[PDB]
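The structure described below contains mitoxantrone.
The chain called A is the first sequence line; B is the second; the pattern continues. Numbering of chain A is taken from the PDB entry, so the residues present carry the numbers 35-46, 61-301, 328-354, 369-654, in order. In order, the residues displayed for chain B correspond to 35-46, 61-301, 328-354, 369-654 in the PDB entry numbering, which applies throughout. Heads up, header says this was done by electron microscopy, 3.7 Å. Atoms within each ligand, like the ligands themselves, are counted from 1 in listed order.
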There are 2 protein chains.
Amino acid sequence: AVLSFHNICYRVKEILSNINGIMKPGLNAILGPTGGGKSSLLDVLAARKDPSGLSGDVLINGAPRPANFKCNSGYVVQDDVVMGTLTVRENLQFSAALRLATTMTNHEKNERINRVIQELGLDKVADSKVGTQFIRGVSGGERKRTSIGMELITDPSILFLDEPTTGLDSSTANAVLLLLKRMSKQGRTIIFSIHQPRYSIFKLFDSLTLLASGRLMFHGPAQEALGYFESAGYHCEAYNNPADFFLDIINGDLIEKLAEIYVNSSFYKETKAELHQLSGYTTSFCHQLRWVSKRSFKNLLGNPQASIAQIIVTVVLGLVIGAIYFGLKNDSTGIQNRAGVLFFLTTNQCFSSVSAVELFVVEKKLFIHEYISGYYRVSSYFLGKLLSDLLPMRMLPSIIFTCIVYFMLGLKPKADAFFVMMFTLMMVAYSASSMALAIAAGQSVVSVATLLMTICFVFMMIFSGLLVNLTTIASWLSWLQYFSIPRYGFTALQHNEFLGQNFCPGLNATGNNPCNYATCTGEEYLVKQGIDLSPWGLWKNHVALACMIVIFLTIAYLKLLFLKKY
Amino acid sequence: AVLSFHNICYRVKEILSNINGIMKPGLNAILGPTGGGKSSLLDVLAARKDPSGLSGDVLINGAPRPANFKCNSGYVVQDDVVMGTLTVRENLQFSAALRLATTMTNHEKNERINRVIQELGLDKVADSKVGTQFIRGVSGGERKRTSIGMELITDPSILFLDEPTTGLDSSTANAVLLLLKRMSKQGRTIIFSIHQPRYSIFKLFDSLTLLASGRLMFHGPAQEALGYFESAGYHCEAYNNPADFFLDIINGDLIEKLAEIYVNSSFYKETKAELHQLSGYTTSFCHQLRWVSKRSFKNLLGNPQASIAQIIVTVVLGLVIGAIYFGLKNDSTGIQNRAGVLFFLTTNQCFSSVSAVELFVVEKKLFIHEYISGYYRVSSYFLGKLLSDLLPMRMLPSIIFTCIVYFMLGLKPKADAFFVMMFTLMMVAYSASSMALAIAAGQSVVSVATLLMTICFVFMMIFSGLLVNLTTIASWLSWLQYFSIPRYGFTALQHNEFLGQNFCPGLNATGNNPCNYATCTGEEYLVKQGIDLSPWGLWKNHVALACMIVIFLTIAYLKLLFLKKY
Ligand SMILES: O=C1c2c(O)ccc(O)c2C(=O)c2c(NCCNCCO)ccc(NCCNCCO)c21
Ligand SMILES: CC(C)CCC[C@@H](C)[C@H]1CC[C@H]2[C@@H]3CC=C4C[C@@H](O)CC[C@]4(C)[C@H]3CC[C@]12C
Ligand SMILES: CC(C)CCC[C@@H](C)[C@H]1CC[C@H]2[C@@H]3CC=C4C[C@@H](O)CC[C@]4(C)[C@H]3CC[C@]12C
């Protein structure tokens, strides 16, 4: 399969104006400065831009590009987006299970995971972890190689590479770039956009397309690239690199004058002659959930640097709160002391789950790459990570928390009340995290994603029945009490706590008491807060919290589905 | 003045082992890969490394290097550390006032601010703001030029440049690098370490010193640099750049073998022959405070993007708190409602001043550069920014705040009580900011500087007399209540608030009342919290808060003074 393209007009201002060229099933290249359409022409051929501003036609071996061209052709993006906290054997296994297991069996597809493991040369680092900025692993020259084989699993006719030697320590650059020539003998069309090649790959170019400032300068093979400028008016004599010279006419030793002789050159008049002649998901849903979770669950425990940091800070906080209110009694300072701690637990769960914004913003460029390549639907990436990084990461600081703080305090020695506290602590922890998930998904920078959290969760802990006595704010702004997660947690934690206690030893304030403004018995404390004493008045909050989850979850699912991924 | 150095042995592993060379009062260069001692040799000649691991002698024109060599010789660091939110006319004025005004007058030194303004060519952008990532200004080619003239004010014999063309859009690279040759005609010795020169400056090198992997490869002028390798065993024929070839022997088309012929070459045997022959603050304190503040105060209002963002979020928070507790009455919900708001004000000041960690961590590399160059003492940089970015930035969210929230609430309609609230709100705001200043000064990354804040200020708002009733925690951990800023704010805000109110209409609970556990009169509310009713018991907190400032300020002054600035 060969690629070709004609009269490509791309507008955002036209960033890619008058570009036409033909590829070969060999090893091609897109050179030039990065300010022009160098990166832009590669995404056009990869169908990675949006097709709105495009005008021309990318004709693949005479056929027009179908909609499943993107699932047939890999695209190694610039930065290493491989899963760093996994092993390269499993890292090739992740893509292999998401694009092949429809009709072939398991051990059938096990062949091509090993068949590609020595053509890359990855057998010496096959069973090692990759390597991140938080951990050490395989060297950086083979972080790029496992990116290449990851899209080599599905059988490619075309293979793009966005700048595959940016930050790769050029002593290691030749072996991967010789390896792309070795793949090209079988028929794999390779169209990369290398960044400042010195000389070593420049002898091994089957074609090249230099592009600068949105104007097509030169397209032709590298052996006849030297013989262009020496009869075109631009002398590159000895002690001058040829791959470095070609951009010096743009540097000024005119912005369109460097390319207008290419219209009247001996390349474009016959390249058009071919172009004027040539112009005449896949895997099941339960399997897609089973693999994005298994990748994410292995990524969770594989880097337990911040996951278990949340565990040990939940243990010692529940020990400190346990040491402070150790054996809190039913004296005068019962309502002041046990409504205080229940305020702290719900607002901490509201505030410790600001870290959930760092969920869809680390792997955002990974998700944009893996959705558009066809690994999974958005409904699989979204649901798969909630079962992996949201359920067994917010459930833990509610049952590790409440087993320590409850009996060390002596709140209410029942068996359901220990459970309707553990349930409502994980109900605010799922609700507040999914709220922080909502207004931070589909974003790249967590500057405003944390700025919009920390000034909004203080617009909620005000309206939470401790600092305010909610039934005393006048009604024209007291409607805001319903739009606040910690009110439902605090009230549900108060309703199962102040129901049998009387904070008043030496008397009884059940039915007969003079000298009011007392609040001796516990239910009178709740009616001053306006919390309903009915048993529905506990579970009124949870069905308001469960609706708070699902409302705030589907806006997060929308923001990933309605995200511009081009 | 000419520089020279002999047998330079630098250990951290020896990063700079056997390097010796001579400079010329011309234009020198330090080439090679960045992994070796390329950047390391420049800091040695600039006396920018620490002199601990150094063994050899940097001999300047036969004299040894004095301790005031660093104030005599500029050093343009790699990144642009000029003040971006100032005008280049004032940007040259800042250095001019800090190193010249001891004996000459003001308008005398005004000559050399203009005398250097056209040799750089900065007259067209003299009265414009420089340019940052938050604002636009002068182009990036002249951001580097104002860095050069900023150390040209004091009369230099020697002038270093750490990589002066890293990210400078090489079409603009020649004019600044031709300008360094134009400065070299007067006698200014220029020793830079340029990064990958292509050819254009390579013809204009008065000397060069290539260095790779801590082993001295070649030192000699560029005209006799070509004639080295063609009789040394390494052929660089036509269509090969000479400045790019010299590192290909390290790339492998042996780590010490490339330099051992330089020991038996026709350069080192006579360079040693000179070396074996040659081996035979300033400005007043009130003026230094007056200029670092004027720079910082102009940097504050010159970029009012986040400064006035704190103002408008203080106004609308004080309006929202004003709208919530609008006219709070003396009913049963008086203690629940007005001790709640006073908890919120002190903890917000404790928590809104987490942004004070972004004070000595933005200009840290600026401070390291400007202290070591001799602009000011550490006591001037530290005190100058407190009078600029700490006084009129935390005073504003305590008098803009308390004028709105006080009379809209109706707290206590005195005239001192409005002031002993405004005083104690700015006492926590200065204390908590200076605590956040303390454990974040002298650091580069605000990851742990915010991580150690947000988990410590919740170890303080627990012990603040609202969630806990401090006199009920057993004494073996209740000693922790003194190590907490918001307890002193909340208590001082409570002591001036609960002193005449009785929250109990229809009765009086002054001296005669049955049916206790009432808390009807306001002073009985304070004695349950253990807050002393004596008038010293208000100001007990402020003299504990003023000692909290000075203790937490001098650890910040220590961390800048005892900071490794090499
Ligand atoms: O925990 C709180 C918090 C709280 O427990 C009770 C009241 C609070 O106001 C907070 C809180 O504010 C908080 C964080 N916010 C800092 C910015 N607040 C500025 C308000 O204008 C930022 C982070 C944060 N918690 C991180 C705790 N780490 C896990 C241990 O539970 C908090
Ligand atoms: C997208 C965002 C802004 C929507 C906010 C979600 C909140 C405000 C919505 C979603 C579900 C709603 C709740 C669902 C049903 C109940 C139970 C009823 O007995 C009291 C009201 C209450 C509790 C509703 C209040 C408003 C509510 C909590
Ligand atoms: C470096 C850090 C850890 C030191 C912490 C500072 C705090 C804990 C120190 C510094 C100054 C000290 C205060 C100064 C004097 C008083 C007034 C006295 O009537 C009560 C104790 C009290 C209030 C001290 C308590 C402890 C104190 C507040």
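Every copy of mitoxantrone considered, the relevant parts of the structure are ligand 1. Bound to mitoxantrone (ligand 1) with the most contacts here is the chain that UniProt lists as Broad substrate specificity ATP-binding cassette transporter ABCG2. Going by heavy atoms, the other chains that come closer than 4.0 Å to mitoxantrone (ligand 1) are A, B. Counting UniProt's transmembrane segments of chain A from the N terminus, heavy atoms under 4.0 Å from mitoxantrone (ligand 1) lie in segments numbered 1, 2, 5. Most residues contacting mitoxantrone (ligand 1) in chain A map to the UniProt domain ABC transmembrane type-2.
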